[PDB]
Amino acid sequence: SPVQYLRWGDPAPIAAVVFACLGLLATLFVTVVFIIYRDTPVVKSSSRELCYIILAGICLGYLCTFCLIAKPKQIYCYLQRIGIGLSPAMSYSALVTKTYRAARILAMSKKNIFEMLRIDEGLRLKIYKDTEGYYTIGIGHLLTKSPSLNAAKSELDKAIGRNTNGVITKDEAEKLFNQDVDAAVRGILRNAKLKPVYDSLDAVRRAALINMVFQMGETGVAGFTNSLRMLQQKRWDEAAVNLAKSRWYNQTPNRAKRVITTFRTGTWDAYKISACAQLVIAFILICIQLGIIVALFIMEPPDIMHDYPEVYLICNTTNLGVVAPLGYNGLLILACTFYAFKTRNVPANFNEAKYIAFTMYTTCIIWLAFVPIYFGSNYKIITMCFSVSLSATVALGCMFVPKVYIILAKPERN
Ligand SMILES: CCCCCCCC/C=C\CCCCCCCC(=O)O
Ligand SMILES: CCCCCCCC/C=C\CCCCCCCC(=O)O
Ligand SMILES: CN1CC(=O)N=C1NC(=O)Nc1cccc(Cl)c1
């Protein structure tokens, strides 16, 4: 009984139980909210099937402390190794399929802007010079400002990853072009005149604004004071009429007409330009962890330590019984963090990606700090209980609590 150890002067078992119960309660509250309000734009936008797999992992995470703090029975040593290994794998492998899809969607958004300027601005697959003698390649991607041609091929190989001999491909010029777009968006966000208009426009019309920035510069796009105000108010027809009167339209009419048409429809007509698959891949990534656990059951069978007479249940789990599923879970965390950081600025689903990236930042530090803390500890059971509950609470508090707040507290925003 955890209450017996509390009055005896040890409040660790009773504290880990309350932690797990409160976590089970909050996990129960969060899940019911997503079941009831399943048809609301906030829940319908993200992957609903993957969230139930994440919440089930968090649920099993808090349940781990009930087999760590349990009576000396044999199946609990089996459930310990099966929960401390699978419950993180369930949450992280479902989250890696969510973050992987968010990155492929983001990569496809840059494929349509690259084809936009390949037709409008041009593209060279070998090194040239711009109007001021700076070595350049691709769609105006500056390589260096040194007069040495060997210096350009050096930076080019360092940017591509192979010996190019001064020649690249369309996919390699796109890799350099994505860096120029990221630098252009930062310049627009650092501009007081273009920042509000950029935030109101959708993904397609943002590309048309960036198209104008690449042709005329940030200070040149800021000159369309009236048209930018029309685009912000979603007066597309008025903006296209006003833009067709500009000197920019009369000097390069073949290009300005396509950018203007994009502002009109919000589509790519002026230019030539799975759900069940996520559950299967997540299911495959969970069975791999389970296969590791079952394989270690056969190598190192679970057994109750000693032949004793206690609240603490000591099993014969070795380092390999811990490190092998711990390392696989770590790989799931690295992959999650890689795609979460890659999409940290994606604003879809009420900035859902911002909260996922922050969750993986804390998860890495928590899991990294766990290795020296645990394997150097003489209270491994309790340090394991709090670690699993803390890591489960991070994912539940950072990813789901903000989404539940918007549902109940901000019904009109949703
Ligand atoms: C870069 C971010 C990393 C985040 C995940 C880290 C997870 C750590 C997982 C496995 C590392 C295992 C190290 C075990 C060393 C042996 C311990 C021992 O047996 O004494
Ligand atoms: C910002 C804080 C990050 C903390 C980083 C900690 C890095 C530890 C990760 C892996 C080290 C594994 C080496 C073996 C651990 C044995 C520890 C021990 O025996 O006490
Ligand atoms: C073994 N260790 C060391 C550590 O620091 N964390 C764990 N295990 C874990 O966190 N499992 C889990 C369970 C439910 C949800 C989530 Cl997100 C994670």
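Chain A is numbered as in the PDB entry; shown residues: 568-678, 1002-1161, 1679-1680, 1689-1724, 1728-1832, in order. Computation of the quantities below employed the complete heavy-atom set of this structure, encompassing side-chain atoms and omitting hydrogens, waters and symmetry-equivalent molecules. Whatever order the structure lists ligands and atoms in, that order sets their numbers, starting from 1.
- The molecule at ligand 3 is the drug named fenobam.
- Of all chains here, the one making more contacts with fenobam than any other appears in UniProt as Metabotropic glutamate receptor 5.
- Heavy atom under 4.0 Å from fenobam, chain A, UniProt transmembrane numbering from the N terminus: segments 2, 3, 5, 6, 7.
- Other-chain residues and nucleotides with a heavy atom under 4.0 Å from fenobam are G624, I625, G628, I651, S654, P655, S658, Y659, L1744, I1784, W1785, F1788, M1802, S1805, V1806, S1809, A1810, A1813.
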